[PDB]
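Throughout, a chain's letter reflects where its sequence line sits, starting with A, and its residues are numbered from 1. Just so it is clear, the values below take in all heavy atoms, side chains as well, and ignore hydrogens, waters and symmetry mates. For this deposited structure, the header notes the method as X-ray crystallography, 1.5 Å.
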Amino acid sequence: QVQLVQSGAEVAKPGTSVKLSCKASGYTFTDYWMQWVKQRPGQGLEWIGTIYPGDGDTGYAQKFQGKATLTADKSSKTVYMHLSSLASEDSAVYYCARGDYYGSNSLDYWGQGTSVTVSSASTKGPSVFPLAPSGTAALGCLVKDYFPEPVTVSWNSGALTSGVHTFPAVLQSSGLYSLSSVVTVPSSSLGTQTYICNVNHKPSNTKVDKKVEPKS
Amino acid sequence: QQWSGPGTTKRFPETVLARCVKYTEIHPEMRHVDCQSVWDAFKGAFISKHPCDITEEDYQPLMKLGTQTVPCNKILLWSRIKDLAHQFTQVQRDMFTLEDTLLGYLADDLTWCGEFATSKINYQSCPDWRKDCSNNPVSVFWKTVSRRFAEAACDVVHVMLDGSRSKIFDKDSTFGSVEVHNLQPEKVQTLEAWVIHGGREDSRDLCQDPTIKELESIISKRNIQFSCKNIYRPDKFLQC
Amino acid sequence: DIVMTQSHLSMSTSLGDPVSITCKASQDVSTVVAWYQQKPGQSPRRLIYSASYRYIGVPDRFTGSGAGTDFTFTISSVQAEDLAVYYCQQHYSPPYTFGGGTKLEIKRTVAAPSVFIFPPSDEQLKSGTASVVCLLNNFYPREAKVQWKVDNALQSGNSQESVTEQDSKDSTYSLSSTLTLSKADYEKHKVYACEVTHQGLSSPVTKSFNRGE
């Protein structure tokens with residue numbers, strides 16, 4: 001079974017470096033080009049560069065020359081990508097993928113990706129604010145100013161899912177993230193149904209349960 | 001210094017380069033290949049090296065070149081029956097033996113070696129794999145290049161075997177020591193052997209030979225199914 | 001570098017209908033073009049390579065064609081699991097450049113959004129900030145225009161939008177537009193309005209409130 005397993009999510013301050021890893025199993029490591037691909041949040045794929053672990057030869061797209069350095073450790077069957085002088089534009093998911101030698105170096109097996117976030121921001125849990133309901137009503141929770149991603153949100157400890165929409169996070173000018181989670185419910189239900197949004201931000205160990213009530 | 005096997009093929013450098021140029025001419029999807037770089041990497045693997053100290057690492061600068069498209073289900077493996085295997089792919093153009101790929105095509109039917117202290121191509125003699133040393137330029141090239149071609153095979157992997165041999169399946173051949181062990185059960189459903197009745201008339205069901213049952217057993221322990229077919233008439237097989 | 005251009009960023013289709021996605025190369029790439037499918041939160045998956053080759057087990061409803069500078073990827077009968085982003089790539093010569101991607105979404109009847117506006121909570125205002133949220137719920141198509149107006153004046157540069165993926169069950173989208181202000185900037189105006197334009201609306205819908213009531 002060919003598998004490419006990448007290292008965990010990284011958070012880095014600007015100007016620092018990071019070294020990402022891609023561990024290969026299930027095939028002769030030395031005999032295939034390993035290629036790397038960048039995907040900025042909400043953007044397309046961009047080819048970064050490649051290494052042939054058998055002899056250590058490398059090559060990079062112009063955009064990434066001087067930014068990316070690839071190396072390979074034959075003993076551990078691991079390829080590493082070193083990213084230098086980090087800036088906000090380097091925040092992305094980085095994939096390693098194998099070139100199929102008998103597929104003209106198209107990418108046959110892919111790692112699961114490593115998220116890299118570059119920011120001057122420090123770990124911070126969200127502030128959760130109610131979006132009060134005021135025959136269909138809408139209500140929600142605004143999950144503001146957290147870092148880094150991700151946050152998860154459920155309603156009524158997972159008992160409420162019908163009509164729930166949790167929006168993707170938006171990067172703020174502060175480098176912090178924010179999102180809202182909303183629910184549409186019958187307006188006749190507002191006096192007899194409790195609505196609680198449960199927010200979990202694993203990076204700061206912040207868990208918040210917010211009861212969302214109609215405003216007085 | 002002196003070896004038991006024949007020396008490097010006459011005009012080997014020109015032959016390797018012309019073959020690369022011809023192969024990339026026939027296959028336009030390969031015109032991106034730099035044939036000077038191919039010859040330089042091939043030459044670099046064995047020149048100025050002791051021809052009994054050659055390793056897979058020496059061939060890696062050549063191994064990285066020549067990426068191409070060979071459908072996994074169109075691979076034909078073979079052992080000791082080179083002529084029939086290549087006539088078959090000359091007829092069924094969609095199928096490939098290793099010698100129908102660029103790297104295999106470059107080295108097919110050639111011999112080469114160098115000397116440790118000099119940049120000379122040893123044209124007088126080259127190590128015999130059985131008499132002198134197993135880690136020689138020619139044997140290490142085939143063993144290294146073959147493993148990746150075997151790793152590629154999928155679904156029903158076909159192998160042509162010489163039924164006129166004392167050992168139809170040889171456990172110590174490139175197929176038996178390298179290719180069989182690199183067939184991946186997650187991708188390979190069956191290994192189908194075609195036992196060729198090349199020489200004398202042999203009405204026997206050669207798929208019952210002890211070496212075939214040995215091959216069946218080795219492939220079984222690797223969780224792959226085994227199938228065997230007799231090719232009683234090879235001359236008529238090509239027309240069919 | 002060779003530039004790969006996928007001219008359609010998005011294509012709308014129906015289950016069981018065929019779809020074709022085109023890709024153009026800036027230079028000859030022979031027949032060496034691949035097509036990858038990617039779903040949210042997943043790695044891309046190779047479907048076609050070397051313009052028309054398809055690995056064993058990849059469904060035959062996916063086909064590729066083309067040579068030189070023009071390539072096509074076709075799904076002969078769109079299935080639910082095929083709604084994804086498709087990227088072409090040339091793997092002829094490094095850098096092995098990708099096209100910009102084409103998102104394939106499903107067509108459904110027009111559905112006007114239900115629009116809701118939420119003033120900042122007193123809890124948020126006590127913390128020093130003010131976010132005004134405008135929600136567009138369960139609409140189709142994805143195209144929508146949301147304009148903020150404060151004390152008559154059209155706003156620009158102080159709002160951000162976020163949109164859900166197309167709902168697998170009802171084929172709709174939802175969107176939030178959030179006007180983010182400091183408490184001081186919020187408290188210098190009275191009327192907060194969100195104006196929504198969408199195919200399903202005969203004229204724009206405005207949802208507004210007066211600060212503090």
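- By contact count, the main macromolecule holding chains A and C here is known in the PDB entry as ADP-ribosyl cyclase 1.
- In this structure, the drug modeled at chains A and C is SAR650984.
- From the chains of SAR650984, the highest tally of heavy-atom pairs under 4.5 Å with chain B goes to chain A.
- The contact between B/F149 and chain A (SAR650984) is made by backbone and side chain atoms together, counting heavy-atom distances below 4.5 Å.
- For B/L65, the part lying near chain A (SAR650984) is the backbone, with the side chain staying farther off; criterion is any non-hydrogen pair under 4.5 Å.
- Of the two parts of B/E29, neither the backbone nor the side chain holds a non-hydrogen atom closer than 4.5 Å to a non-hydrogen atom of chain A (SAR650984).
- Within the 4.5 angstrom heavy-atom criterion, atoms from both the backbone and the side chain of B/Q68 approach chain A (SAR650984).
- Considering only heavy-atom pairs separated by less than 4.5 Å from chain A (SAR650984), the leading option among B/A152, B/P71, B/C72, B/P61 is B/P61.
- Only the side chain of A/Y52 comes within contact range of chain B, with at least one heavy atom under 4.5 Å from a heavy atom of that chain.
- Interface remark: B/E186 contributes side-chain atoms only to the contact with chain A (SAR650984) (heavy atom separation under 4.5 Å).
- With heavy atoms closer than 4.5 Å counted as contacts, the residues of chain B facing SAR650984 are B/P28, B/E29, B/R31, B/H32, B/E56, B/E57, B/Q60, B/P61, B/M63, B/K64, B/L65, B/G66, B/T67, B/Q68, B/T69, B/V70, B/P71, B/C72, B/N73, B/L98, B/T101, B/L103, B/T144, B/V145, B/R147, B/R148, B/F149, B/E151, B/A152, B/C154, B/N182, B/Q184, B/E186, B/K187.
- By chain and number, the residues of SAR650984 lying under 4.5 Å from chain B (heavy atoms) are A/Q1, A/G26, A/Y27, A/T28, A/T30, A/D31, A/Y32, A/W33, A/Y52, A/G54, A/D55, A/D57, A/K74, A/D100, A/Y101, A/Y102, A/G103, A/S104, A/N105, C/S30, C/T31, C/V32, C/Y49, C/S50, C/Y53, C/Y55, C/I56, C/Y92.
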